[PDB]
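Structure with (+)-discodermolide present.
Chain letters run alphabetically, one per sequence line, in listed order. Chain A is numbered as in the PDB entry; shown residues: 75-143, in order. Chain B residue numbers are taken from the PDB entry; in order, the displayed residues are 1-42, 45-280, 286-360, 369-441. Per the PDB entry, chain C residues shown: 1-440, in order. Heavy atoms only: backbone and side chains are in, while hydrogens, waters and symmetry mates are out. In listed order, ligands and their atoms are each counted from 1. Cropped entry; intra-crop contacts only.
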Amino acid sequence: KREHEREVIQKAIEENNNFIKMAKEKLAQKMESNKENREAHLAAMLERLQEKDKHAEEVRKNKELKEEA
Amino acid sequence: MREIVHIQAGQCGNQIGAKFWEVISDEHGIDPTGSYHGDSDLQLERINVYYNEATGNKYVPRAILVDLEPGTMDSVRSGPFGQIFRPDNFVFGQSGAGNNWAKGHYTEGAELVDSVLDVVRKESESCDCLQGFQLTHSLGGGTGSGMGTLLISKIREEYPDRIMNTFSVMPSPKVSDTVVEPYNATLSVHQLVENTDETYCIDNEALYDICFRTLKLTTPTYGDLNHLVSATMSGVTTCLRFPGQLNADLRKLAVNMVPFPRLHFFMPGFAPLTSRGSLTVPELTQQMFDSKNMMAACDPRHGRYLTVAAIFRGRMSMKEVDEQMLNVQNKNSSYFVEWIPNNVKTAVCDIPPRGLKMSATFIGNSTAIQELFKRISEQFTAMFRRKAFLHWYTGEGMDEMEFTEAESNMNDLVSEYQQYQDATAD
Amino acid sequence: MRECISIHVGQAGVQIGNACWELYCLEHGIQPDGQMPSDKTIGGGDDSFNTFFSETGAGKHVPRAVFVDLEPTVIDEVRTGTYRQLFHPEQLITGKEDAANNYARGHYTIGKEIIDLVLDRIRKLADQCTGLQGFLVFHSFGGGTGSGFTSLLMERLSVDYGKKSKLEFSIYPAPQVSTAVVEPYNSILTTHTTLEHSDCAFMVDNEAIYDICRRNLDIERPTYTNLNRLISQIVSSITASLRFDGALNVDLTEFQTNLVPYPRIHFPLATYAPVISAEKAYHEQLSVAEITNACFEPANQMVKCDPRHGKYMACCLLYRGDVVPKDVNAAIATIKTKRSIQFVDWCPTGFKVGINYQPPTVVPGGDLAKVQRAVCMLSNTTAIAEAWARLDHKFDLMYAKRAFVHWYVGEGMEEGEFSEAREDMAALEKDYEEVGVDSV
Ligand SMILES: C=C/C=C\[C@H](C)[C@H](OC(N)=O)[C@@H](C)[C@H](O)[C@@H](C)C/C(C)=C\[C@H](C)[C@@H](O)[C@@H](C)/C=C\[C@@H](O)C[C@@H]1OC(=O)[C@H](C)[C@@H](O)[C@H]1C
Ligand SMILES: Nc1nc2c(ncn2[C@@H]2O[C@H](COP(=O)(O)OP(=O)(O)OP(=O)(O)O)[C@@H](O)[C@H]2O)c(=O)[nH]1
Ligand SMILES: Nc1nc2c(ncn2[C@@H]2O[C@H](COP(=O)(O)OP(=O)(O)O)[C@@H](O)[C@H]2O)c(=O)[nH]1
Ligand SMILES: [Ca+2]
Ligand SMILES: [Mg+2]
Ligand SMILES: [Mg+2]
């Protein structure tokens, strides 16, 4: 009976610790995935904007070459 | 605080921009010298959203004034509230844009944009917590349309996590006969669909019609049109400028008003619009939902509302406003999409516009806005199929491919509005 | 011993917090400066009110509470208002930029910047407790902070305090006072995320409270102030067992034993009476029988739903004021022979009763009549799932077209989180169906 009493309380401890561990790991995973997703979104936005700057240089250069006519 | 930075570019942009500051300065009790002389603490509680506080208890509009020509801004400086603006915040060139979007966007405008950004940076640096930006401009000219949309793209690059808001004046032959305006408008819309979070469509077509048809003005001046614009801009920014619960900042407004990123073009409205010598909550409400009161030349009963914000101003029964807003939704249920529940939000502000006991301002995200874009598109293609006046733009380095792309994008936007208009819950 | 820490989150949580703590002070005779003349033990004690108030050596009684909001203007009014001396400045925590009605910003983008500070402040409250019992968390479903930051906080509290009890008071959205079209998204997301981390949650349907104010107090267009004073009376009824002693007083945890038959089925329906104006209460004493009968009137529930169309798994009656068991027993007997009260077949049908003898209090300038006796019924009924059904349906309408979803994805979330949250809600609705079915 004493052996059983010990097993019940160690079981309670194990389940509580595993709940904490799971919760901690789940939160870390979510926050990392979120961070990565947001950063990728912003990066895509800035990449498109930089293409715009690229195109603008191209336009001014095209005007330059036609004024060399 | 949550600061907004205001930018106004080109003639139209600086005109309606100046009127905006005159109108809200009066509302907030700020005189032409930047001193406060109001009679209500409600006036100053959120003053910092739009004004910087300097030495001597002076309030200075967080406003930047841009043009590729000195003209309009010289007269701004000579306006009533001309001395209120920060002199270092005047940025201008000498060339002019000649009603050419390409000069504004790629050439002249690009030569000046960096000096503008220097001022934007200086205003933004001393912000406790910058919300974002609002731009006033026309789409029909060269500077506001071309350099305006260039500024948007450049600002976006440095402030990618801030809200970008525009008051964009759409061109109409009823007001301006400048032939290339549908070119400039279409090229501009092409930028706005990609790079702004929310755009108020101030349609010169609608402004003219209101003045001519309703107000019986045979010959509307820019003065008349701009009263409509300033009344509207005052109304749609009251939730930003005074204490309140609904849409109290730029991002909360966007999150309530924009269900899909590209569909961020709003139909503004105002009440009362009545001729001289010709006002219940029920009557205010019915009027603000009538097509005759819209600042965009679209009939909302030719489409459906995705989202709506209504702002009532003045002393009135909150119970009565709630009942009438419920009533209008009930009687007009067909014109609100069923798959966005509770898509109409209402605010009441105790402080009315100058000279009025009661007023209502309307912000609609309606699929009927496609009528505005179809009108621009019809005028665009009639010129573009003949390749009329293209050398103005290609001579600046552009090619026809960009015109085609801008046209397709705007035509895509129309298709998208029609898609959500046709969508059902089942 | 037995300390309870309150955490008020976002505008709704904070303003309801204002109303509750003002009411507690009036109930215990604590002045706005925190002094309490009747408390003869200076700087400490193990009195019942010490579960909610710590004490300084200078005789100040300080709420065991943290207020948190991602913008400053609501909490600034606490910092500068009537009960400002009540709170240590470190208990009132603010950022600069709110969550813009966006769960993703509350839980991630903006919330992550302040969560460690908030936990440090809570830990400072915990360290002063000799027998911390748990947390009481006040927040809206609909706001970006109330939804997103609360979820983040509950998750982090599970990690830092383990299975220490966490109870919620959650404000369920109503169209009459709602400020965002996306509140159904926010509600489903936070309900899914917090579900495994909460032991018990008292939902407060703003529409139910709005209706009660209009109907029972004759208020034309209820303000948050009107709503919050009523809500604080209900919250006070529920926490009174923790803050007062008495022979017939029954601890909230004891009611909880009966109220939660399975971990996920942890949403009691609160019903409160009497809600009556001073003008109507004058010369009209409402007896134990009358206020008890009123608990089985759906118009008086904190959540709109119809228990007459569901099954009961528990019924608890929390009385306060001039009430003795004899009268309670007679009132209950009458009710059992006249009311639509059907229990599931696996649950006992006895009503569990607690009586706190300290009479109800009201705030000056309030709408409620001062009464001699009041009662809060807490029932576990399948009918509460109606509230989830209504919310889940609004969610489905918008999500089918992915309306507004780009706002959440832009802040780093994935569509995967939406469907996962919605599936959890579907399972919950199904759980409530299943517990109501008869045993084979
Ligand atoms: C031509 C109509 C003039 C006045 C009307 C009777 C109405 O006035 C009142 N008190 O109800 C006004 C609001 C009209 O309904 C609007 C069409 C006026 C409008 C915005 C534009 C007209 C086109 C424009 O010609 C304008 C110069 C005419 C009159 C302005 O002095 C009216 C004032 O102007 C404002 O902008 C504020 C709202 C407020 O101060 C208002 C009293
Ligand atoms: N009963 C009650 N409900 C409120 C109160 N304030 C807001 N609400 C409700 O709460 C929801 C809005 O969430 P808020 O708490 O204002 O938002 P928040 O938590 O501050 O989140 P953000 O402002 O988005 O950062 C809506 O359903 C409102 O009707 C209040 O004082 N009392
Ligand atoms: N409503 C309004 N429209 C204007 C005003 N000034 C110019 N516009 C319109 O703006 C377009 C011309 O653009 P403009 O701003 O003058 O060119 P820019 O200076 O190169 O930006 C035309 O459609 C005009 O009708 C004004 O003060 N009010
Ligand atoms: Ca003591
Ligand atoms: Mg001009
Ligand atoms: Mg808030």
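In this structure, the ligands or chains belonging to (+)-discodermolide are ligand 1. In this complex, the main macromolecule engaging (+)-discodermolide, as named in UniProt, is Tubulin beta-2B chain. Other chains in heavy-atom range of (+)-discodermolide (under 4.0 Å): B.
Residue-to-ligand polar distances place B:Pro274 within reach of (+)-discodermolide: an N/O pair is separated by less than 3.5 Å. When only non-hydrogen protein atoms are considered, atom 14 (C) of (+)-discodermolide lies nearest to B:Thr276 O, 3.7 Å. Within the set B:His229, B:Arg369, B:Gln294, B:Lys372, the minimum heavy-atom distance to atom 21 (C) of (+)-discodermolide is found for B:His229.
The source field of the entry for chain B reads Bos taurus. Not a single N or O atom of B:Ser232, backbone or side chain, sits closer than 3.5 Å to an N or O atom of (+)-discodermolide. The shortest contact between atom 19 (C) of (+)-discodermolide and any protein heavy atom is with B:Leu230 CD2, 3.9 Å. The ligand atoms of (+)-discodermolide that sit less than 4.0 angstrom from a heavy atom of B:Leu275 are 15 (O), 17 (C). In B:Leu217, the part holding a heavy atom less than 4.0 Å from any atom of (+)-discodermolide is the side chain. Within the 4.0 Å heavy-atom criterion, the part of B:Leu371 lying near (+)-discodermolide is the side chain and not the backbone. Distance check on atom 33 (C) of (+)-discodermolide: every protein heavy atom falls at or beyond the 4.0 Å cut-off.
Within 4.0 Å of atom 26 (C) of (+)-discodermolide, at least one protein heavy atom is present. At the shortest separation from atom 31 (O) of (+)-discodermolide among protein heavy atoms lies B:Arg278 NH2, 3.9 Å. The binding site of (+)-discodermolide, defined by non-hydrogen atoms within 4.0 Å, is formed by B:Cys213, B:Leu217, B:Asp226, B:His229, B:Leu230, B:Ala233, B:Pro274, B:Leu275, B:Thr276, B:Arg278, B:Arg369, B:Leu371.
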